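This report concerns only the one structure given below.
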Amino acid sequence: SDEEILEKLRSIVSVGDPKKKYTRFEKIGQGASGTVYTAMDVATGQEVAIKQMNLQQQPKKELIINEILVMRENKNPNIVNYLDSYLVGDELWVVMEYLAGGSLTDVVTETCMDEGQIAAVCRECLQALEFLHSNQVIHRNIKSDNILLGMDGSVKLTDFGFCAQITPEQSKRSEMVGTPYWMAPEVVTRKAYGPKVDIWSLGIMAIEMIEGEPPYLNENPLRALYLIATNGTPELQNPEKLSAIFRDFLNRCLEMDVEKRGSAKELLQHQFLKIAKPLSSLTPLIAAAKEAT
Ligand SMILES: Cc1nc(Nc2n[nH]c3c2CN(C(=O)N[C@H](CN(C)C)c2ccccc2)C3(C)C)c2sccc2n1
């Protein structure tokens, strides 16, 4: 019975020796959620990022299976590409594309962004969001840490461990999942929510690009969880620094009324995304974040 859920996971993964298909292994990161290596596809000569997790020691097969499956059926230019999976010696190896420009968290916490650079990032993310939302997938963990950057300034979404599928029959969801500071109020208050929670988290992510961090970050997770549920729409520290069209975009991402809050399809047409700079204008941000590290 359990955990015979592994049979699905062992049926998912590709077979064969990952050692044979990839060489030039170099460690690039090592968090609590695994360790990332760079490597070269012996075939195409292409560079890949391989995440290695301890298995059991995390876990949870139900949701890590969900992560693989969801990525496979949801390929998009604005989503970090999933390549392969291999289970070797109680380790789950997930081969992903390599983005060398680091994360949006490096940028937002070490640099200042102009409205043109923020609009370019918001656009790419909404493009990924509209695609997932049309395929009835809710990310539920949108934050700057899950935005990866290409050396050319490419903006791509990652981390599908927390996503959830939806149907016309079950159009909502009720689990208190995600990361506290980015969580929509309707999620914090255990109400039935929809895809628009990702829109809220995008808005908080925009606040990151503005102020360097999401609201209440000095407070502890539970304290922040309380602050969100009571205050509703978060206040900017210096709202007047923003153009009126940026403030409008923000207010529509952070609208308490789910019905009034924008959808990804809607927000892609907003006048704030007009003044978007090309993605090349992100490379000095990237360069700046690298320095001071
Ligand atoms: C680690 C690292 N990755 C880089 N680029 C990447 N290319 N491809 C990928 C990454 C990072 N990735 C990733 O899954 N990171 C997650 C954390 N994220 C999701 C919140 C992670 C990091 C460390 C340990 C476990 C899990 C993938 C998509 C494989 C880069 S660029 C400069 C430094 C750097 N350091």
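In chain A, numbers come from the PDB entry; the residues present are 249-541, in order. Heavy atoms only: backbone and side chains are in, while hydrogens, waters and symmetry mates are out. In listed order, ligands and their atoms are each counted from 1.
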Give the PDB name of the drug at ligand 1.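 It's recorded as PF-3758309.
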Quick check: main partner chain of PF-3758309 (ligand 1), as named in UniProt?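 The chain with most contacts is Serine/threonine-protein kinase PAK 1.
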Point out the UniProt domain of chain A where most residues touching PF-3758309 (ligand 1) sit. Protein kinase
Which option, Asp393, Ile395, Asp407, owns the non-hydrogen atom nearest atom 18 (N) of PF-3758309 (ligand 1)?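 Residue with the shortest heavy-atom distance to the ligand atom: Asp393.
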Report the member of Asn394, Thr406, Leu405, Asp354 with the shortest heavy-atom distance to atom 20 (C) of PF-3758309 (ligand 1). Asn394
Taking only non-hydrogen atoms of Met301, do any sit less than 4.0 angstrom from PF-3758309 (ligand 1)?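 Per 4.0 Å heavy-atom rule, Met301 does not contact PF-3758309 (ligand 1).
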Counting both backbone and side chain atoms, is some N or O of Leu347 under 3.5 Å from an N or O of PF-3758309 (ligand 1)?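 N/O-N/O distance under 3.5 Å: yes.
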Short N/O distance, under 3.5 Å, between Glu345 and PF-3758309 (ligand 1)? yes
Which nucleotides or residues of neighbouring chains are within 4.0 Å of PF-3758309 (ligand 1) (non-hydrogen atoms)?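 Heavy-atom neighbours of PF-3758309 (ligand 1): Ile276, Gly277, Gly279, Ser281, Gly282, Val284, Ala297, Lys299, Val328, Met344, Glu345, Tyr346, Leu347, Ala348, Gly350, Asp393, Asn394, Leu396, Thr406, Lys538.
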